[PDB]
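What follows is a single structure, written as structure tokens, with notes after it.
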There are 2 protein chains.
Amino acid sequence: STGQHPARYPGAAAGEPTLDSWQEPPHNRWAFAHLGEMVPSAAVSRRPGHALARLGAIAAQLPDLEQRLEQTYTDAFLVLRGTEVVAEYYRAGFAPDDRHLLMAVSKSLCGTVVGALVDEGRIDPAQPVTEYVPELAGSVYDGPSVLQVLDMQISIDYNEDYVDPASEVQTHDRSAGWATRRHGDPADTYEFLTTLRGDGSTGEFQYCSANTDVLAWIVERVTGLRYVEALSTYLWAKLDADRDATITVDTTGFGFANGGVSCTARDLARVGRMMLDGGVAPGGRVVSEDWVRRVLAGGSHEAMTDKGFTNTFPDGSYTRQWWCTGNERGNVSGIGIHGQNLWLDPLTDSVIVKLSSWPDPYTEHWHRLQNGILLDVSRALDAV
Amino acid sequence: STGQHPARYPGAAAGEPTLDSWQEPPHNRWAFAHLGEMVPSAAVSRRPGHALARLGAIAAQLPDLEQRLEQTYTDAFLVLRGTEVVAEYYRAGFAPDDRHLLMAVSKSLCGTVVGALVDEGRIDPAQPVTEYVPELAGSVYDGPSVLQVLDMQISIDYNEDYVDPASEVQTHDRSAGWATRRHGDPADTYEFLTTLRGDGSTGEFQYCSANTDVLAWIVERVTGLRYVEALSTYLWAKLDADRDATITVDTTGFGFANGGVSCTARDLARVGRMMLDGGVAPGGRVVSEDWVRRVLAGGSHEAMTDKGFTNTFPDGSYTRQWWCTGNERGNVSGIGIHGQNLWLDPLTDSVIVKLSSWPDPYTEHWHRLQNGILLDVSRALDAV
Ligand SMILES: NCCCCCC(=O)O
Ligand SMILES: NCCCCCC(=O)O
């Protein structure tokens with residue numbers, strides 16, 4: 001058992017509705033107004049082909065930028081300097097207002113929600129996960145603190161060999177609805193998390209998407225709100241965004257916090273703007289000045305043993321769901337597979353959003369090219 | 001085999017991507033920008049509880065209208081007189097701009113798309129279905145004309161006992177993704193349609209949702225466009241709608257034409273406005289004056305043997321995916337289970353939209369109450 005979870009709608013029974021009951025009362029009143037949450041759906045455009053390149057200023061300093069963006073399968077690219085959009089690019093077939101999957105950049109958004117609750121005193125990072133989710137007792141999350149989840153410093157037996165159906169990464173997807181279910185799989189994401197084990201050691205960084213979903217679960221237990229709603233109330237609704245964001249949900253309606261959020265490039269930039277504004281957004285304060293300061297400061301360097309990151313950023317680290325380069329510019333970034341970045345350049349008070357679709361989720365090749373672009377663009381914003 | 005179908009994206013292989021391949025190239029470029037079409041997803045509101053009742057004028061003539069709307073589980077109600085919104089109502093929890101499932105009102109939209117193609121001369125209603133979908137040879141659709149599909153005058157062995165998994169109505173849902181698949185079920189909607197049989201007789205009305213999906217299939221074969229896109233190009237994109245509409249899609253990306261469209265009440269009214277404007281919309285002509293005239297004229301009365309309809313509307317009929325009351329006002333309406341109506345009142349140049357969630361899909365009780373409201377509101381618009 002995974003305990004109490006926020007009802008899909010007021011008064012809903014546990015797990016209701018399902019794909020086989022949404023047409024029945026009392027579920028249908030809610031379902032008829034939110035069918036996309038139950039059945040895959042397509043948009044029928046209200047609007048009646050070519051790449052849009054408005055690199056403006058930085059174009060002079062980076063003449064071959066558009067070609068570099070194409071080479072890195074860029075779908076949407078946007079540079080926000082201060083409160084102004086100084087550069088934009090969208091591939092042919094992708095409109096400026098189209099939404100794009102954020103993959104793990106979603107984690108940085110989740111960490112932000114957790115930070116908001118810490119600022120309210122509803123979550124104490126020093127407390128064990130079990131203080132908020134008792135049902136995680138007996139799992140690898142029995143013992144570690146919420147901060148250790150936030151910094152991903154928990155050793156977990158997490159097979160990353162996706163090709164293997166028995167692997168935790170593929171099992172995670174099947175439990176959440178990102179892949180076809182197999183007989184015996186956990187019923188939902190909550191159940192999947194309870195099956196995770198580890199040797200008990202903590203302190204060393206181990207990137208694991210399950211950590212973010214545990215954070216979302218904690219958010220639900222502390223607020224009583226579905227993660228989908230908490231993400232809106234504590235973050236999205238305060239950004240004065242152009243469009244709603246979306247997030248995939250599993251069979252119980254639990255949002256895939258670790259990587260299922262989609263939004264426009266311009267709106268994602270609003271998240272970066274909030275971070276560079278000390279945690280304040282147009283709709284009010286999202287997180288405390290201290291929270292933002294700690295994110296920019298970085299995590300323990302000694303905990304960061306991922307050569308894939310440190311070979312490029314030797315003094316890099318990770319904290320509160322953000323990757324910290326530790327470079328001379330103090331760059332910090334939300335990162336997602338296939339080329340997604342919510343890159344912060346505090347030196348120039350700028351935010352760089354790059355949403356892509358590399359053929360591969362991760363290769364040294366793509367990252368070298370991607371980081372080269374982000375660093376070059378950041379430097380092009382420097383006063384000269 | 002069901003033959004050629006519009007690719008999910010340019011150059012896509014048949015049936016690609018699937019829930020298990022969308023993260024792979026070359027599918028991911030498209031999938032990352034349209035994930036809702038693959039995995040159930042929820043909206044994360046950009047906006048930070050009580051029913052909204054603005055019945056205005058008709059309120060004086062119908063004092064207990066709000067109570068009547070509540071009694072019929074009304075979610076959204078809107079009256080458009082001419083080009084003006086003269087009355088509105090939205091239940092607590094449903095915003096004016098929220099979208100609502102249309103159920104079979106979706107059929108009237110599909111019929112409109114077919115009409116647009118008839119006006120272009122790309123579809124001849126007198127031609128047999130097999131002229132456009134040869135793969136339907138050997139099925140109940142082998143012999144009947146496209147017009148007979150439009151008017152639903154084809155005898156089909158269609159078990160309406162949903163509770164029975166072997167029934168065609170439940171099988172239709174499972175084949176399209178509206179319900180959980182069972183071993184042995186057709187792979188997609190196209191395949192399901194090819195399994196349908198009948199005694200060969202035609203001429204008598206038999207309401208069958210499979211007919212509308214055959215129309216959508218014909219639309220795809222004649223245009224080369226996914227039904228989702230054809231619905232936009234030939235109808236939605238010409239309405240100057242406030243929001244995109246949505247439509248559930250099966251595993252191949254085929255829109256559930258018979259009942260999976262969702263849209264706002266105000267935008268649905270734009271469809272009615274187009275009909276009362278002789279087939280013309282703000283973005284251009286949608287269907288011919290003749291098509292609209294034939295819809296308002298009604299179908300053969302003798303073909304209409306559904307007592308559920310004729311007990312209320314003795315001179316009623318059905319044609320081109322619209323229900324024609326044949327009453328003294330010449331009312332015609334798109335109708336969907338659980339209380340959905342796109343009601344046309346040509347006498348007052350008005351359109352009445354009522355989107356609801358009755359606990360039951362259909363009962364004489366609900367229809368009596370629902371029609372009573374639509375007729376009373378129509379009469380309240382008469383000059384006095
Ligand atoms: N297994 C779902 C993928 C989650 C995204 C992971 C990442 O972007 O690093
Ligand atoms: N089997 C899917 C339901 C389709 C709606 C039918 C109707 O509204 O009459």
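In the text below, chain A, chain B and the rest are named by the order of the sequence lines, each starting its count at 1. These values consider heavy atoms only, across backbone and side chains, with no hydrogens, waters or symmetry-generated copies. Atoms within each ligand, like the ligands themselves, are counted from 1 in listed order. Looks like X-ray crystallography, 1.7 Å, at least that's what the header says.
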message: Could you check ligand 1 and tell me the drug name?
response: aminocaproic acid
message: Okay, contact question: for aminocaproic acid (ligand 1), which chain racks up the most heavy-atom pairs under 4.5 Å? Name from the PDB entry, please.
response: 6-aminohexanoate-dimer hydrolase
- request: Using a heavy-atom cut-off of 4.0 Å, list the other chains contacting aminocaproic acid (ligand 1).
  value: A
query: Which residues define the site around aminocaproic acid (ligand 1) at a heavy-atom cut-off of 4.0 Å?
result: A:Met103, A:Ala104, A:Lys107, A:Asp173, A:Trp178, A:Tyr207, A:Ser209, A:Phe256, A:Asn258, A:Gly336, A:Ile337
message: With heavy-atom distances below 4.0 Å as the criterion, list the atoms of aminocaproic acid (ligand 1) near A:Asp173.
response: 1 (N), 2 (C)
query: Which aminocaproic acid (ligand 1) atoms are under 4.0 Å away from a heavy-atom of A:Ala104?
result: 5 (C), 6 (C), 7 (C), 8 (O), 9 (O)
query: In terms of atom number and element, which parts of aminocaproic acid (ligand 1) are under 4.0 angstrom from non-hydrogen atoms of A:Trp178?
result: 2 (C), 3 (C)
query: What does the entry say the source organism of chain A is?
result: Flavobacterium
- request: Enumerate the atoms of aminocaproic acid (ligand 1) whose separation from the nearest heavy atom of A:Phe256 is less than 4.0 angstrom.
  value: 2 (C)
- request: Around atom 9 (O) of aminocaproic acid (ligand 1), find the nearest protein heavy atom and jot down its residue, atom name and distance.
  value: A:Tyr207 OH, 2.7 Å
- request: Using a strict cut-off of 4.0 Å, indicate which atoms of aminocaproic acid (ligand 1) neighbour a heavy atom of A:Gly336.
  value: 8 (O)
task: Give the residue and atom name of whichever protein heavy atom lies nearest to atom 4 (C) of aminocaproic acid (ligand 1), and the separation in Å to one decimal.
output: A:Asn258 OD1, 3.2 Å
